[PDB]
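Down below is the structure, laid out as C-alpha cells.
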Amino acid sequence: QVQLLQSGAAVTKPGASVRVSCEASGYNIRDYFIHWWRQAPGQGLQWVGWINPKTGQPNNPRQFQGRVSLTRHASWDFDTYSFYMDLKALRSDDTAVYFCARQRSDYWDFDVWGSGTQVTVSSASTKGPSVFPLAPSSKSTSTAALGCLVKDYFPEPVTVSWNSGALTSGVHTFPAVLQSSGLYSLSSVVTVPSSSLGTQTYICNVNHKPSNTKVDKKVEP
Amino acid sequence: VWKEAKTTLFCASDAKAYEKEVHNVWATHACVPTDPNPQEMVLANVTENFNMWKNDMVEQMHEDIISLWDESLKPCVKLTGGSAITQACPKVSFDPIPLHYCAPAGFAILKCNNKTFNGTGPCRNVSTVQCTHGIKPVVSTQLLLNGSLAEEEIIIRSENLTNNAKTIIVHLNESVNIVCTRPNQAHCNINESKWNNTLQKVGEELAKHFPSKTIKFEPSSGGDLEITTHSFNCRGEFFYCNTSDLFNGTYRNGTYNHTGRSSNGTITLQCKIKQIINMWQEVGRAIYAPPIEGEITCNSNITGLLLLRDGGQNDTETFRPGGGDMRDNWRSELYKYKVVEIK
Amino acid sequence: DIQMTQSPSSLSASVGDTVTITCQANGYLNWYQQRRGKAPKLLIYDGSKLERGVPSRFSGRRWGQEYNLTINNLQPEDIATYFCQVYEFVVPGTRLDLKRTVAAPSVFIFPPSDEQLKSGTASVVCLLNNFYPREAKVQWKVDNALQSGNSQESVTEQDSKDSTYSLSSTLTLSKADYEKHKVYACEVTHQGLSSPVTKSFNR
Ligand SMILES: *[C@@H]1O[C@H](CO)[C@@H](O)[C@H](O)[C@H]1NC(C)=O
Ligand SMILES: *[C@@H]1O[C@H](CO)[C@@H](O)[C@H](O)[C@H]1NC(C)=O
Ligand SMILES: *[C@@H]1O[C@H](CO)[C@@H](O)[C@H](O)[C@H]1NC(C)=O
Ligand SMILES: *[C@@H]1O[C@H](CO)[C@@H](O)[C@H](O)[C@H]1NC(C)=O
Ligand SMILES: *[C@@H]1O[C@H](CO)[C@@H](O)[C@H](O)[C@H]1NC(C)=O
Ligand SMILES: *[C@@H]1O[C@H](CO)[C@@H](O)[C@H](O)[C@H]1NC(C)=O
Ligand SMILES: *[C@@H]1O[C@H](CO)[C@@H](O)[C@H](O)[C@H]1NC(C)=O
Ligand SMILES: *[C@@H]1O[C@H](CO)[C@@H](O)[C@H](O)[C@H]1NC(C)=O
Ligand SMILES: *[C@@H]1O[C@H](CO)[C@@H](O)[C@H](O)[C@H]1NC(C)=O
Ligand SMILES: *[C@@H]1O[C@H](CO)[C@@H](O)[C@H](O)[C@H]1NC(C)=O
Ligand SMILES: *[C@@H]1O[C@H](CO)[C@@H](O)[C@H](O)[C@H]1NC(C)=O
C-alpha cells in the first residue's frame with residue numbers, strides 16, 4: 001500500500017518562505033523519482049521539478065531555479081521518506097495547490113499523487129468581511145435578481161444564508177476569488193419575483209467564523 | 001549462429017599478488033591473469049543492436065567493485081539506520097588497476113566497431129573477443145577522472161535526450177589534464193585554454209540535437225555534497241572539490257564564453273578532504289581518519305562528462321553536472337560490448 | 001522541444017454516450033482525470049496501456065502523433081476535466097460537461113453601493129444567471145472604452161437541478177477613477193445569443 005501524505009494548508013506572507021512536505025511510504029522508495037506540480041485556480045498543471053531520493057539531485061525549470069530547493073530525509077529502516085519543497089521568495093502568483101507525485105516508469109506516468117496543500121500567499125492577517133448591497137437603481141424588468149457582496153476578508157470561508165435560511169430557491173453563492181490585495185471576495189445573488197419587492201423583506205446573512213463576524217443586511221432599491 | 005543471453009562473467013587482470021595496494025590484492029584473489037593474446041574475429045556485413053543503459057555486463061562490474069571498496073578501504077564507523085558498527089580503520093595504498101571482463105565457453109562478447117556509435121541502436125561493424133579491453137574502474141562524480149577516448153568526433157550518450165531525468169554522458173575526443181594536490185584545504189588545477197576548447201566542441205555536439213537553443217553550463221542544482229561537489233578518491237582520501245567555477249559558461253554562435261574566476265589563466269577548484277562520507281555502495285554514512293601527512297597529488301585526465309539538462313520552457317538549454325550512480329561510469333566503457341550465447 | 005495540443009476544450013455528452021478526445025503529441029503521452037479540487041488520476045499510459053483499477057470502458061488508441069482517448073458508455077462518475085501529459089509538459093485539458101439544451105444567460109448589472117464609495121473603492125458587478133454551456137465572454141466598457149486588467153469573475157458549478165452555470169464579474173477601480181466617468185456598460189457573449197448583449201447604467 002503506497003501513500004503520499006502532504007502537509008496541511010499553509011498561509012504565508014509575500015517575500016517569506018514556505019515548506020511543503022510529502023511523507024512517502026509503502027514501496028521501494030529509492031527506485032522512483034518524486035516530482036512536484038503546482039495548480040493555480042483553473043489553468044493547467046505546472047511542472048515544479050523532480051528529485052532523486054537516493055542522491056538528492058533536484059531538477060527545476062529556470063523559472064524556479066533559485067527560489068526553490070528540493071530536499072529529502074530518510075528514516076530508520078527507510079520505511080518513511082520525507083520530501084521537502086522549499087520556496088524562498090514568495091510572490092503573488094505563487095498562490096496555488098502543490099502536488100507531490102511519483103514517477104513510476106520512464107513513460108513519466110504518475111500513479112500516486114498527494115492530496116495537495118493549499119499555499120496562499122497573502123499578508124492580510126485576519127479581518128472580517130464588508131457586506132455591500134446589490135440593487136437595481138433603474139427598474140427595467142431585469143424575473144428579478146439581487147444580492148449581497150462579501151468584500152475584503154481573510155481567510156476562508158464565508159457561509160451565506162438568505163432570510164435566515166428560509167430562501168433556498170434560485171440562491172447562487174459564488175466561489176470566492178483572491179484579490180490582488182491579498183483579501184478574499186465573493187458575491188451571492190438570488191432570483192426573486194418581479195412583484196415581490198416592497199411586499200417582501202429580503203435579508204442576507206453573511207458569516208465569517210474565523211474572525212467571528214456575522215452581519216445581517218437588508219437590500220432594496 | 002548466436003543469440004543474446006545473461007551469464008555470470010569473470011574478470012581478467014594484469015595485476016600482481018606482490019603489491020601493497022588494495023587493488024592488486026583484490027584483483028588476484030578475484031581475477032584471472034590476461035591472455036594477453038585474444039583473437040579478433042572481425043567481420044563486416046553483419047549488423048547487431050546494442051544498449052548501454054540496459055546492459056547486463058554493467059551490473060556485474062558494479063558488484064565486484066562494490067565488494068572491493070567494502071573490504072579494501074575500510075572506514076572506522078558505519079551507520080545503517082538502527083545498527084552501527086565499529087572496526088579498525090587502517091590507511092592504505094589506493095590506486096586503481098585496469099580490469100577486463102570475459103565470457104565463458106559457449107558464450108561470446110560482441111564488439112561494435114563504429115566509433116561514432118552513441119550507445120543505443122544498430123551497428124554495421126561487428127567483432128568477437130572472449131574478453132574486454134583494459135578498463136580502469138574510477139569512481140568519480142561529474143567528471144570521469146580516467147577512461148578511454150574516441151579518436152573520431154565527440155559522441156553524446158543518453159538513454160533518452162528527450163527525457164531530462166536521464167543522465168547524459170559525454171564522450172570527448174581530446175584529453176584534459178587535472179591536478180589535485182595537498183601541500184605540507186586542498187585544490188585542483190585545470191588548464192583554461194584546453195577547457196575552453198573542450199566545452200567549445202561539446203557545445204557543437206549538444207547543438208546538434210538541440211539546434212535552436214543556446215547551450216549553458218551552471219553548477220549543480222543542489223543535493224548531497226557528493227553529487228553537488230565533484231567528489232573522488234585519491235590514495236584513499238575522499239576529496240570534495242568545489243565546482244561552482246568549473247561549470248560557469250555559455251556557448252552561442254559556435255563560440256563559448258567562460259566565467260569561472262580564473263585568477264591566473266588556470267581554473268582553481270577549492271578541494272577539501274572529508275571524513276564523513278555518504279557511501280555510494282551501501283545506504284549509510286562511513287567515517288574515516290584524517291588524511292596522511294605530506295603531499296597528496298594525482299595527475300588525472302578527464303575523458304567524459306556527466307550532465308543533466310533542465311526541463312521547462314526558453315530556447316536556451318542549461319546543463320548542470322550530475323552522476324551519483326557509479327554504473328554510468330562503466331557504461332561509457334562497456335557501451336561497445338554485449339553478452340551473446342553461442343550455443 | 002515538445003509540441004502537444006489537445007482537442008476539444010469544451011465537451012458535452014449524456015449518460016451512456018461514447019466520447020472521444022484527441023491529443024497531438026511527439027512523445028510518451030499519458031491520460032489523466034482530475035475531479036474538482038482534487039489530485040489527478042491516471043487512466044491511460046503509453047497512449048494505450050490501461051491503468052489497473054480503472055473501468056474498462058476507458059481506452060486509448062495510438063498511431064503516429066495522433067492520440068485518442070475513448071470512454072465507451074459514459075457514466076455520471078466520469079464528469080471531470082481530462083488532460084493529456086507528455087514528460088514535463090501538461091495541457092490544460094478537456095472539460096467534460098453534462099449535456100443540456102443551449103440556453104441564454106440572464107444578464108444583470110449592479111451599481112456600486114454608497115458605503116463602498118466611502119472607502120474610496122468602487123465595484124460594479126455584472127451577473128450571468130443560469131446558462132449553458134460554460135463558455136462565456138464578459139467585457140467591461142466605460143465610456144465606450146474596454147476595461148482590461150481590473151476585473152475578476154467567478155463561476156459556480158453545474159447544478160444538479162437545472163444543469164446550468166452562473167457567472168459574476170466584478171470591475172474594480174478607485175472612487176477617484178469612478179468619479180471621472182458616467183456610463184458603465186457590460187457586454188456579454190454566449191453561444192445562446194443572436195448577438196452580444198449590453199447592460200449599462202448611469203449615475
Ligand atoms: C570494421 O571496423 C574495424 C575497426 O574496428 C575496421 O578495421 C574495419 O575496416 C571495419 N570494416 C569495414 C569493412 O569498414
Ligand atoms: C543513437 O542512434 C539512434 C539511431 O541510430 C538514435 O535513434 C538514438 O537517439 C541515438 N542515441 C543517442 C544517445 O543519441
Ligand atoms: C574534437 O571533435 C571535433 C568535432 O568536429 C573535431 O573537429 C576535432 O578534430 C576533435 N579534436 C580532437 C580531440 O582531436
Ligand atoms: C575557446 O575555444 C575555442 C576552440 O578552441 C577557440 O576557438 C576560442 O578562441 C576560445 N574562446 C575564447 C573567447 O577564448
Ligand atoms: C588516473 O590515471 C592516472 C594515470 O595512470 C593516475 O596517475 C591517476 O592516479 C588516476 N586518477 C585516479 C585518482 O584514479
Ligand atoms: C561552492 O563554492 C561556491 C562559491 O563560494 C559556494 O557558493 C557554494 O555554496 C559551494 N558549494 C557547496 C555546496 O559547498
Ligand atoms: C552568429 O553570430 C553573429 C554575431 O556574433 C551573427 O552575425 C551571425 O549571423 C550568426 N550566425 C549564425 C548562423 O547564427
Ligand atoms: C559563475 O561564476 C562567477 C565567477 O566566479 C560567480 O560570481 C557566479 O556566482 C557563478 N554563477 C553561479 C554560481 O552559477
Ligand atoms: C593524459 O592523457 C594523455 C592522452 O594522450 C596522455 O598523453 C598523458 O600522458 C596523460 N597524462 C597523465 C600523466 O596522466
Ligand atoms: C526516447 O523517448 C521517446 C519518447 O517519445 C521515444 O519516442 C524514443 O523512441 C525513445 N528513444 C529510444 C529508442 O530510446
Ligand atoms: C482518433 O479518433 C478520431 C475520431 O475521434 C478518428 O478519426 C481517428 O482515426 C483516430 N485516430 C487513430 C489513428 O486511431
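Order of the sequence lines fixes the chain letters, A, B, ..., with proteins taken first and strands second; residue numbering starts at 1 for each chain.
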Report the name of the drug found at chains A and C, as recorded in the PDB.
3BNC117
Help me with this one: what macromolecule has the most contacts with 3BNC117, named as in the PDB entry?
envelope glycoprotein GP120
Taking 4.5 Å as the heavy-atom cut-off, what is the epitope of 3BNC117 on chain B?
B:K54, B:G81, B:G82, B:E159, B:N160, B:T162, B:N163, B:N164, B:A165, B:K166, B:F210, B:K213, B:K216, B:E218, B:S221, B:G222, B:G223, B:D224, B:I227, B:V283, B:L308, B:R309, B:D310, B:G311, B:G312, B:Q313, B:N314, B:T316, B:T318, B:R320, B:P321, B:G322, B:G323, B:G324
Can you name the residues of 3BNC117 whose heavy atoms sit under 4.5 Å from heavy atoms of chain B?
A:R30, A:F33, A:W47, A:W50, A:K54, A:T55, A:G56, A:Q57, A:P58, A:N59, A:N60, A:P61, A:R62, A:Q65, A:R72, A:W76, A:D77, A:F78, A:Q103, A:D106, A:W108, C:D1, C:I2, C:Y87, C:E88, C:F89
Tell me the source organism the PDB entry gives for chain B.
Human immunodeficiency virus 1
What molecule name does the PDB attach to chain A?
heavy chain of antibody 3BNC117
Any idea what name the entry gives to chain C?
light chain of antibody 3BNC117
